[PDB]
**Student:** 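Hey, check out bortezomib (bound form) bound to proteasome subunit beta type-5.
We name chains A, B, ... by the order of the sequence lines, and we start the count at 1 in each one. Atoms considered below: every heavy atom in the structure, side chains included; atoms not considered: hydrogens, waters and symmetry mates. If you check the header, you will see the structure was determined by X-ray crystallography, 2.5 Å. Atoms within a ligand are numbered from 1 in the order they appear, just like the ligands themselves. Contacts are counted only within the shown part of the entry, which is not the complete deposit.
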Amino acid sequence: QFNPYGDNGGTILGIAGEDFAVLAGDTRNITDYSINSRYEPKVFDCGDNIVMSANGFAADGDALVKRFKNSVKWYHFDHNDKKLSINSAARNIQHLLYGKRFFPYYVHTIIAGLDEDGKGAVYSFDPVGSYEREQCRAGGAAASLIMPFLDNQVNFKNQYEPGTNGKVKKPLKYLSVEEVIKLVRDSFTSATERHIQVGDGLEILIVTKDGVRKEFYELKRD
Amino acid sequence: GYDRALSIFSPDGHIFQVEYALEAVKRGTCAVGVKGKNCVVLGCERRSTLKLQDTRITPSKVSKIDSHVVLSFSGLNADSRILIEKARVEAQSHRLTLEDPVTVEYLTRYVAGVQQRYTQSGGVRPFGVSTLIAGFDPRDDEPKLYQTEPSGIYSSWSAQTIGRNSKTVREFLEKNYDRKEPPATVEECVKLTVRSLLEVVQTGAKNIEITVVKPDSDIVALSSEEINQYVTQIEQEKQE
Amino acid sequence: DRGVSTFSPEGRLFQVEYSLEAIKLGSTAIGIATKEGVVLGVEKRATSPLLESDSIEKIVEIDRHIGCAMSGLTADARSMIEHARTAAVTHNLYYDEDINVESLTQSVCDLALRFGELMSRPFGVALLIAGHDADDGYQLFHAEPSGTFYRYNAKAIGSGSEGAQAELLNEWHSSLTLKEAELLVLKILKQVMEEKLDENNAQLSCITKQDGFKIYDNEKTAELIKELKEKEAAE
Amino acid sequence: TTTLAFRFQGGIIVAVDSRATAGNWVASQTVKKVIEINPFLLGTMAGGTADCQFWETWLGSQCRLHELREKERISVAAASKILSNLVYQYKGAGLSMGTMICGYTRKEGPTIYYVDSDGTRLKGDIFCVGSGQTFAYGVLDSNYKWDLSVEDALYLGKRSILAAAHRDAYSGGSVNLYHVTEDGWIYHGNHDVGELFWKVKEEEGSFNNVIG
Amino acid sequence: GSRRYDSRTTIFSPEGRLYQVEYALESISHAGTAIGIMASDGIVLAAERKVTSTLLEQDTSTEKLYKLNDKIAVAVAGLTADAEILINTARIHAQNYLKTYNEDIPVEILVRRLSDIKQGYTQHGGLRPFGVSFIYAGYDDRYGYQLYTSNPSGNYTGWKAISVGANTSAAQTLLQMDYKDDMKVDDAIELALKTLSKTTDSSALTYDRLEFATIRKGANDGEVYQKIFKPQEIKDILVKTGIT
Amino acid sequence: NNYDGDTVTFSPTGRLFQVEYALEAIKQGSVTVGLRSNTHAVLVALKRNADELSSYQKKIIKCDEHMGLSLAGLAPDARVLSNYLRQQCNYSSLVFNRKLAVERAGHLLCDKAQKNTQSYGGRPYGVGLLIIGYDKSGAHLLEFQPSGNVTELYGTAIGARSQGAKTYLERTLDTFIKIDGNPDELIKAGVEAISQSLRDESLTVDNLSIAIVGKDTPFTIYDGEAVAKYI
Amino acid sequence: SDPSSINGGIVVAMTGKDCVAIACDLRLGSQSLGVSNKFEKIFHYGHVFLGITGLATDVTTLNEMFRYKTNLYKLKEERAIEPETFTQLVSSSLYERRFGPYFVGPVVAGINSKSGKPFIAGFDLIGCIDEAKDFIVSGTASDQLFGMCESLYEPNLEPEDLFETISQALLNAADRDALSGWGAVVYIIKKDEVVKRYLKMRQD
Amino acid sequence: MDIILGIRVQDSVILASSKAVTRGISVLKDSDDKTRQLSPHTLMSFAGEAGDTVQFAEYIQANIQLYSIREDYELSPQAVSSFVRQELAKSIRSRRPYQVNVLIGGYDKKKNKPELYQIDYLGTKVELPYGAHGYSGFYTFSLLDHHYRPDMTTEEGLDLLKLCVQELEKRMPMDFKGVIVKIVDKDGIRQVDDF
Amino acid sequence: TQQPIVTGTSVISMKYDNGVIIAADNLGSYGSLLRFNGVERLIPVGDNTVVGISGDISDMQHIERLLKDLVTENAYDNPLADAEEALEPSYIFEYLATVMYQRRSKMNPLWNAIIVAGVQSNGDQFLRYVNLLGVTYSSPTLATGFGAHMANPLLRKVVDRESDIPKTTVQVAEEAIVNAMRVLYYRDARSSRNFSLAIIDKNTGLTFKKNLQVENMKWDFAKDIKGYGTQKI
Ligand SMILES: *[B]([O])([O])[C]([C][C]([C])[C])[N]C(=O)[C]([C]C1=[C][C]=[C][C]=[C]1)[N]C(=O)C1=[C]N=[C][C]=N1
Ligand SMILES: [Mg+2]
Ligand SMILES: [Mg+2]
Ligand SMILES: [Mg+2]
């Protein structure tokens with residue numbers, strides 16, 4: 001019997017800062033126990049200061065990104081070159097996904113950018129289009145390895161202030177872009193160690209009011 | 001399928017097929033609607049050119065769309081059946097989906113929408129019918145009376161008439177109907193409706209039909225004798 | 001006979017040009033756009049005194065931020081309004097935002113030339129579409145059955161249009177207040193109407209960023225009519 | 001999931017949890033399981049996240065179109081039936097929904113309809129829906145009265161979700177409270193279960209089984 | 001293209017009349033006269049065949065009177081072929097109703113259905129209308145004995161006595177003169193034949209130029225019987241009533 | 001005369017009058033100019049207003065990053081045709097990862113317009129288009145007529161009084177074709193070309209519309225104070 | 001689960017000298033539960049009799065369908081349909097549902113009004129005609145009925161003798177079937193008189 | 001849903017229907033009315049698959065109400081039952097059949113007789129003096145077979161119905177939360193508010 | 001949904017400094033039966049692209065006809081069909097990738113794994129993979145089927161990342177490809193000795209080599225291997 005789905009591995013991570021947002025993902029592409037590519041870009045600049053990644057079955061992932069990029073193009077044509085805001089992009093992606101409710105895009109989608117007040121924004125989707133704005137979200141293979149670490153080190157969960165013994169929580173102080181990138185790199189280094197589908201390279205797209213910047217880092221290739 | 005554009009604009013900006021449909025309404029028997037303080041009355045002319053008629057079974061001029069709304073008309077009789085059927089289906093569909101009977105305004109807006117659709121659809125001619133739609137909204141005691149016409153425009157009326165010699169009975173209603181004080185009772189409202197038809201009808205015998213609609217689905221059609229008593233009392237006051 | 005989509009020797013569609021003649025027979029509608037809001041006003045024109053004039057609905061809400069006035073064969077406007085409302089709501093569903101006034105107008109105008117041998121003839125009604133959005137502020141559009149729409153600072157359509165437009169030419173400036181616009185619509189409606197203008201045979205409405213689209217009460221309009229009479233008697 | 005809604009003297013109380021799970025994996029603790037259909041209408045979310053989000057957002061569009069067309073607020077009966085008729089068309093296809101449609105109109109008063117992806121539509125005074133529905137029912141049934149103050153009613157809804165959050169593994173995170181009156185609903189905050197549990201335990205004297 | 005040759009069968013005249021309906025009625029006015037008379041104890045249907053021949057096989061011939069079901073019959077005036085199309089549709093409608101509700105179709109409901117079909121051809125489709133007028137004679141347990149007529153416009157009305165086809169003006173005046181409410185079937189039989197005998201364009205009214213039928217509760221106890229008269233039976237009733 | 005009732009009828013001299021009447025609608029339209037060098041292609045359009053309260057009708061439509069057109073005649077017909085071009089440009093990119101050649105875009109417009117001239121019920125398009133673009137073979141300028149005829153040119157003009165601009169471009173041919181690597185001078189030549197078609201009115205800030213595409217220049221439209229530089 | 005044995009029931013037909021007989025039980029059930037003891041399975045259209053066993057909804061539907069068709073037949077033909085012609089109509093009507101069939105076992109019985117010849121016929125659920133000279137059986141106790149008929153039957157029985165034979169064939173067959181019984185009816189059919197007899201039988 | 005009972009006495013038809021609605025593990029409601037008035041003298045109770053039951057009942061209701069308005073006449077119980085049967089017989093060969101069983105209790109004003117019809121989801125119709133759907137008959141038919149006489153009063157019918165419900169409450173595993181009882185006679189339809 | 005009947009095994013490929021190399025054997029297998037011994041599975045498109053195909057042969061022949069039709073269609077009304085508007089490797093791939101994903105979405109796939117090797121207009125090396133699921137990816141080395149497991153490890157020792165491409169000559173690259181084909185012949189039970197090899201260079205163009213054979217094979221050591229453990233004779 002023909003199975004229309006497959007699993008290309010990979011892992012992605014979105015983190016929303018105070019006036020910035022990052023969307024990171026490893027560059028390894030796999031099937032079963034083989035490596036297809038050590039550098040296959042997974043996070044894309046879609047225009048209008050929005051970055052996107054659809055992780056899971058790469059064929060569906062490419063199809064979705066392609067249709068969203070197209071939707072941005074036609075949004076400009078139909079509405080006098082108006083900038084597609086991140087919240088509007090998010091709702092649009094819900095309808096793209098739910099359109100195939102009974103034959104779903106087998107992906108975990110994350111977009112990142114800035115909201116209309118200039119604050120960092122990350123949105124997260126399930127395969128059939130349910131979505132929610134978030135401060136922090138990992139997706140894909142090693143998501144279960146990364147999320148708990150981010151609960152602890154980004155939101156200071158289960159951390160309290162010394163001397164008070166559980167009475168006073170550790171205050172939720174804002175993180176700089178340099179601080180977030182450190183946590184992203186450590187998240188992927190750790191995920192590479194313990195997850196066989198994670199490795200080769202890490203590509204991070206950083207979004208600010210100035211635009212979209214890229215950073216690349218080597219990961220272990222075993 | 002037959003797709004021919006029958007309703008089209010002319011150089012002077014008129015749609016003749018819609019306007020000729022109004023001429024069919026002008027030919028139809030006279031219909032009148034009058035709303036009192038707590039009721040609406042629908043009066044209808046029956047042309048006495050047809051005797052040997054069986055009045056038990058002959059299609060009556062006033063039709064119940066639901067238990068709380070009624071529809072009368074002037075124009076082509078066969079055309080009116082199609083609008084009445086559609087209206088009755090929509091009334092039940094509304095109850096099924098909204099769990100509430102139609103308002104009189106809603107039912108009018110639907111029937112008017114059907115009439116309009118037949119003025120810019122290919123292969124069809126407009127309805128040669130104008131309607132008077134009357135009743136009471138659910139759990140409401142305010143009387144409602146609306147009119148529609150072949151073009152699809154509709155509006156609310158304190159009192160209105162349609163059909164042949166409607167110009168004359170509208171003349172009567174415009175001088176006899178006071179808005180500050182409408183017919184306070186059923187009697188007064190029926191009397192004013194019969195009076196208005198007597199300006200046009202001929203004999204007050206089997207030529208006048210009267211239907212009274214009251215709040216909370218209270219609809220009744222008056223008999224020949226009951227109407228005949230109004231006809232008698234009107235002329236005895238007139239002999240003075 | 002001849003095709004419904006036929007060109008004249010001058011390069012105009014016969015049916016579109018004839019529908020424009022039907023609009024000239026319609027009741028007057030006027031719109032004025034200011035930096036404080038857009039005002040929409042219409043002549044009701046009841047055919048008889050027994051017709052309850054508040055049932056005449058020639059000003060209509062499309063969304064909270066978009067209103068619409070009509071002139072011509074007003075029954076034809078109902079499907080246009082239904083499409084406009086659906087387009088406005090559908091866009092909000094797809095994009096979690098308000099739709100631009102121009103985009104709404106363009107969507108309505110896409111229906112216009114969908115006639116042939118689709119509907120059997122063009123619409124016999126013109127629309128004044130007024131609204132507000134964050135990008136282009138307060139806007140007024142004139143949607144025709146040709147499929148063309150122009151943006152206007154002020155516009156009149158219907159039987160008294162060319163007389164009203166000439167009056168709007170002189171009166172409009174870029175610093176008009178909302179109150180000044182209201183009186184101006186009332187003034188020009190009173191000029192071109194056959195019957196004497198009052199709160200029962202004329203209707204006002206406006207669209208502001210704060211309160212959205214509002215049809216004025218007869219009591220509210222009656223005061224503005226009284227305010228108009230006094231200021232015209234003031235010189 | 002644990003969602004509840006109940007009618008009382010002050011209108012309707014709506015209370016929901018915040019947890020979403022994929023198997024044993026906790027996918028989210030910050031899910032908005034109440035949908036703001038308009039200022040007057042609320043919908044609760046149980047079953048498939050997407051199905052509930054998509055079609056109740058859609059429901060708000062249909063309600064807006066109704067009141068644009070009819071110049072009048074849509075009834076809770078009519079609003080709930082649009083959704084139930086819609087999901088009935090999809091019956092068999094595999095939609096997964098258990099929802100309460102909550103509102104307050106002049107003609108109806110405070111009204112709650114349970115709507116279901118098998119096509120069930122039920123009017124009622126108290127409904128609980130989700131994996132932890134049984135736990136919440138216990139607290140409600142023993143403490144529910146008609147003559148509850150808005151303050152006490154809000155607490156009961158909060159306390160019932162907490163009961164379920166404690167015992168049901170697929171319920172937890174936080175509690176979102178809403179109060180529905182005739183002029184519209186009113187949000188009453190997000191309450192972390194991690195802080196709410198220790199607070200209620202200390203103040204109420206309950207959960208003596210747990211050490212603190 | 002094709003528009004050039006389109007007669008436009010479904011349009012109003014400037015006076016608000018349907019051209020084709022009016023012209024179809026003109027066609028029907030040349031058809032053989034059909035008469036229906038309703039009595040307290042039954043209904044009579046009488047109709048004149050159009051200028052026949054001696055070589056026509058009358059006993060197997062049917063051009064006027066048709067059976068729709070056991071309770072309802074029709075008299076035809078107009079194009080016979082057009083009538084048979086509608087008659088077969090009406091027979092099916094009656095059976096559809098019987099299958100659905102397990103009760104015989106009420107007369108009016110059948111009449112309304114056929115009349116709605118006629119109406120459709122005057123409003124949409126671009127086809128010519130049916131050049132047929134019916135007299136419906138039927139019985140049901142709600143209204144009892146009923147007479148209706150329908151014409152190409154799709155308009156229908158109820159009658160105590162009625163005529164369609166040729167010389168209806170003269171026929172209707174004669175019926176209006178001699179008809180009374182307490183009349184019986186045997187009296188109605190005589191009235192129908194006397195009216196045809198005076199309005200006929202033929203020199204004399206004979207059995208070979210007539211079709212005749214009665215619907216009677218003259219069926220053994222509470223039930224209704226349709227009787228399509230045979231040529232010899234029409235000959236006998238002509239002698240009985242004193243016309244031949 | 002007797003042969004102008006529909007598009008499906010030749011006249012006795014082999015003419016199609018409905019197509020010719022559609023061509024007449026373009027002549028009533030406002031003037032627009034197109035011209036190109038070897039590096040850039042420029043559109044210049046005179047926008048028309050209804051009155052002093054009204055806006056000036058937009059004349060230029062973007063089809064892709066590398067292609068767009070200007071219109072003269074029925075604006076809704078330009079919207080239909082430009083929408084079709086947008087889809088075709090888009091199909092090429094999505095399916096073949098290929099920017100649509102300007103010449104192939106002209107062929108597609110020709111074939112779409114042709115179907116409306118040979119069938120009953122329909123009507124010809126009532127608009128003329130000037131398509132500019134930059135593809136793998138450099139800068140291009142096309143002229144579309146609703147008869148179906150599409151023509152590749154160095155420069156041209158359509159609309160009312162377009163003959164004046166067309167003669168100017170015919171004189172200037174050897175000069176403006178050489179304006180390589182200088183967008184401002186190529187636009188100047190276009191603004192000077194469209195000026196030969198003006199009477200009574202002159203080019204104001206909300207009257208003038210300009211579009212340009214080139215080697216390292218995406219199709220961009222200039223309106224308002226962005227064209228004051230060229231007035 | 002098996003549609004032909006949800007409701008239960010039987011029909012049997014026999015030819016005699018210048019006569020035919022058709023009989024049936026009166027039971028309708030929902031598997032083990034007895035629901036009705038007045039569910040007659042024999043119908044008639046003019047002088048042609050039709051028995052139908054199997055799924056009860058299809059029994060009712062087919063009766064209504066053949067009433068429909070024989071009423072139209074009569075209006076057009078101006079005569080009552082004959083057994084031979086009706087048999088072909090049943091066959092045609094069943095076969096049109098070849099790949100979505102009515103779960104029934106029809107049995108036709110009657111006397112041709114012109115020739116006077118007795119006629120019986122049986123069908124499977126999709127139209128195949130079994131035109132036996134002696135007898136036809138159908139239903140959940142068809143095996144039992146075959147056994148009874150094959151031993152009890154003899155040709156050229158007089159109407160009142162045929163009654164006894166067909167009655168004993170039905171009764172004793174039904175009593176060996178859990179889903180048949182709860183009463184019985186026997187039609188004795190002659191050229192211009194038909195007698196209907198309800199039989200007394202055990203009610204378990 | 002679960003238990004629906006019907007009994008036709010001398011001058012009326014009595015329908016009894018359970019009040020419970022159960023979704024799996026919980027009893028969501030204990031006051032559910034599993035019936036629809038089709039016409040002033042015709043009542044239909046129903047039980048089967050969730051959603052389908054109410055959808056079917058309201059669809060039938062809408063159709064009968066439409067007929068009533070069109071003809072200004074109430075259809076006989078027999079006619080209504082035949083219409084309902086045909087809809088179910090049509091449904092059973094559909095893409096997704098209505099999984100609904102019904103009882104139709106009506107008073108025929110023409111014949112002055114009460115009438116009870118039992119119809120299952122296949123379109124199997126029978127007229128009965130008393131009837132049931134599901135496992136309800138399994139308990140009640142023995143009591144009804146014993147005690148039923150065709151000339152009972154409405155009060156005697158209610159007493160026999162109480163005995164049936166008591167047996168159900170004793171031997172049935174499921175708690176159906178009592179029954180709503182409705183009477184259909186010459187004066188129309190009314191609910192017995194204490195049972 | 002179907003099953004592959006007549007099949008082709010590995011297609012292998014790699015980038016080098018001035019272009020790309022691609023190779024595939026000439027066998028059409030029918031299950032375990034080595035049925036057809038003269039099947040060309042490298043199909044050139046113009047002078048700048050070679051499409052290598054593995055999997056179902058009936059579907060391969062269909063794809064071959066699509067590509068042939070693509071060339072015909074591109075020439076229509078195209079004066080620059082043999083110049084600026086010639087088919088690029090990237091155009092050919094994107095077309096195939098679109099078809100593959102559409103067919104899988106209708107649950108009726110073309111049961112193939114495809115590698116499109118070529119050189120673009122600007123001289124850039126093009127090498128990308130697509131299969132029956134519509135899955136696509138690019139790498140300095142690409143291989144299908146058994147080649148993915150055995151050829152890639154060998155080819156990746158020559159070009160391990162992007163920066164190794166300019167350091168790799170055509171002689172070294174071809175040597176590595178030929179060795180990999182030998183290894184596949186040792187170890188793949190559905191392979192043949194005969195194969196085709198294609199080089200697409202930005203300077204010397206398309207070189208298509210037919211009727212190549214695996215040579216320099218080591219078998220002599222087999223003579224010393226006796227039994228499966230304890231046997232000495
Ligand atoms: B609740 O448990 O029903 C919860 C509420 C949801 C509507 C936001 N549902 C889920 O968590 C479901 C799984 C489930 C658990 C228990 C009962 C029924 C269903 N999860 C999801 O739908 C889900 C999981 N991961 C990502 C997206 N959606
Ligand atoms: Mg690893
Ligand atoms: Mg828990
Ligand atoms: Mg037993």
**Student:** Which components of the model should be assigned to bortezomib (bound form)?
**Tutor:**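 It corresponds to ligand 1.
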**Student:** OK, heavy-atom distances under 4.0 Å: which other chains does that catch around bortezomib (bound form)?
**Tutor:**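 Heavy-atom contacts under 4.0 Å involve A, D.
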**Student:** If you count the atoms of bortezomib (bound form) from 1 in the order shown, which ones are under 4.0 Å from a heavy atom of A:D126?
**Tutor:**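 Going through bortezomib (bound form) atom by atom, the ones under 4.0 Å from A:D126 are 27 (C), 28 (N).
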**Student:** Nearest to atom 4 (C) of bortezomib (bound form) by heavy atom, D:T99, D:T1, D:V129: which?
**Tutor:**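 Answer by nearest heavy atom: D:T1.
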**Student:** Is any other ligand or ion found less than 4.0 Å from bortezomib (bound form), and which?
**Tutor:**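 I find none.
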**Student:** In the deposited model, where does any covalent bond from bortezomib (bound form) land (residue and atom)?
**Tutor:**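 In this entry the covalent bond is to D:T1 OG1.
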**Student:** Among all protein heavy atoms, pick out the one at the shortest distance from atom 21 (C) of bortezomib (bound form); state its residue, atom name and that distance to 0.1 Å.
**Tutor:**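 Of every protein heavy atom, D:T49 OG1, 3.5 Å lies nearest to atom 21 (C) of bortezomib (bound form).
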**Student:** Tell me which UniProt active-site residue of chain D is nearest to bortezomib (bound form) and the heavy-atom distance to 1 Å.
**Tutor:**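 Nearest UniProt active-site residue by heavy atoms: D:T1, 1 Å.
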**Student:** Quick check: A:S130 and bortezomib (bound form), any N/O pair under 3.5 Å apart?
**Tutor:**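 No, there is no polar N/O contact under 3.5 Å.
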**Student:** Can you peek at the PDB entry and tell me the name of chain A?
**Tutor:**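 The entry calls it proteasome subunit beta type-6.
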**Student:** Source organism for chain D, as stated in the entry?
**Tutor:**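 By the entry, the source is Saccharomyces cerevisiae.
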**Student:** Among all protein heavy atoms, pick the one closest to atom 11 (O) of bortezomib (bound form) and tell me residue, atom and distance.
**Tutor:**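 Looking at atom 11 (O) of bortezomib (bound form), the protein heavy atom closest to it is D:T21 N, 2.9 Å.
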**Student:** So, is D:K33 polar-close to bortezomib (bound form), with some N/O to N/O distance under 3.5 Å?
**Tutor:**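 N/O-N/O distance under 3.5 Å: no.
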**Student:** Nearest to atom 7 (C) of bortezomib (bound form) by heavy atom, D:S96, D:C52, D:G47: which?
**Tutor:**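 Of the listed residues, D:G47 has the closest heavy atom.
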**Student:** Could you walk me through which residues contact bortezomib (bound form), taking a 4.0 Å heavy-atom cut-off?
**Tutor:**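 The site of bortezomib (bound form), heavy atoms only, is A:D126, D:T1, D:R19, D:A20, D:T21, D:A22, D:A27, D:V31, D:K33, D:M45, D:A46, D:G47, D:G48, D:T49, D:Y170.
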